[PDB]
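Quick look: amprenavir on Protease.
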Number of protein chains: 2
Amino acid sequence: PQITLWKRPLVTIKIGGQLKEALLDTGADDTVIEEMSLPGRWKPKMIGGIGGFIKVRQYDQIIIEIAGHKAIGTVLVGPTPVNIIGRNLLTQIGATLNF
Amino acid sequence: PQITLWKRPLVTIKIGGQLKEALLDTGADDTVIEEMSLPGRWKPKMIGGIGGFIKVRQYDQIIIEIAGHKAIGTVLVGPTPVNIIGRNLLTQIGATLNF
Ligand SMILES: CC(C)CN(C[C@@H](O)[C@H](Cc1ccccc1)NC(=O)O[C@H]1CCOC1)S(=O)(=O)c1ccc(N)cc1
Ligand SMILES: [Cl-]
Ligand SMILES: [Cl-]
Ligand SMILES: [Cl-]
Ligand code: NA
């Protein structure tokens, strides 16, 4: 679709067999989701921005369906205020910002 | 333009006669720029980011150019990792997400 920016660009995602609402975020390097279980290995990471940093778990090679479009990549998991689809997965669904 | 997301969507902005680099950030409700001098009165605002809520200064009706596109709107000033062009100004310039 073409999504305007009058309101937050929220979509439904499917991750880890769960449905979640998430923000399509061109300002986020990497996808970060609220606490949930994911399979496989992980390693700790710190990410930061407005308000400072949080500690997350980095899981690689995770499949997320994003508004009906499947994509695989790294998913960070931790105490994010909002679920965020970042550039690492936006690229895979062919998302662009147009003006 | 059509901006892909393989790298950060950084553009040049012009504010206060000066060129600066800024990030086109669909996950940011608001535009926030690093400390600088802007004209007029300001009002307080709280904004939330990944690490928590912070206080910033809100300036209204500020002239700003974004990638050559003229805008006039609200600019926040405060402790910010990067200059952020958020949805208030992305909407002005006609930016949409597309996939
Ligand atoms: C600040 C940018 C440069 C980076 N962030 C993305 C931003 O879109 C961020 C997303 C968000 C929205 C609402 C609550 C919390 C976070 N919005 C944001 O702070 O909105 C403020 C600034 C003005 O308007 C309000 S991030 O969340 O720190 C981040 C960092 C690393 C990763 N991998 C993922 C996310
Ligand atoms: Cl990735
Ligand atoms: Cl591409
Ligand atoms: Cl505005
Ligand atoms: Na993995």
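To find a chain, count down the sequence lines: A is the first, B the second, and so on, and within it residues start at 1. Each ligand, and each atom within it, is numbered from 1 in the order the structure gives.
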| request: Map amprenavir onto the structure by ligand number or chain letter. | output: ligand 1
| field | amprenavir: other chains within a non-hydrogen distance below 4.0 Å | value | A, B
| For amprenavir, which atoms, with element, lie under 4.0 Å from some heavy atom of A:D30? | 32 (C), 33 (N), 34 (C)
| task | Any atoms of amprenavir less than 4.0 Å from a non-hydrogen atom of A:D25? List them with their elements. | result | 6 (C), 7 (C), 8 (O), 9 (C), 10 (C)
| Going by the order shown, which atoms of amprenavir are within less than 4.0 Å of some heavy atom of B:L23? | 3 (C)
| message | Give the atom numbers and elements of amprenavir that come within less than 4.0 Å of a heavy atom of B:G49. | response | 15 (C), 16 (C), 19 (O)
| query | Heavy-atom contact under 4.0 Å between A:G48 and amprenavir? | reply | yes
| task | Give the numbers and elements of all amprenavir atoms closer than 4.0 Å to a heavy atom of B:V32. | result | 23 (C)
| task | Write out the binding site of amprenavir as chain and residue number, heavy atoms closer than 4.0 Å. | result | A:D25, A:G27, A:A28, A:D30, A:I47, A:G48, A:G49, A:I50, A:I84, B:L23, B:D25, B:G27, B:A28, B:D29, B:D30, B:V32, B:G48, B:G49, B:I50, B:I84
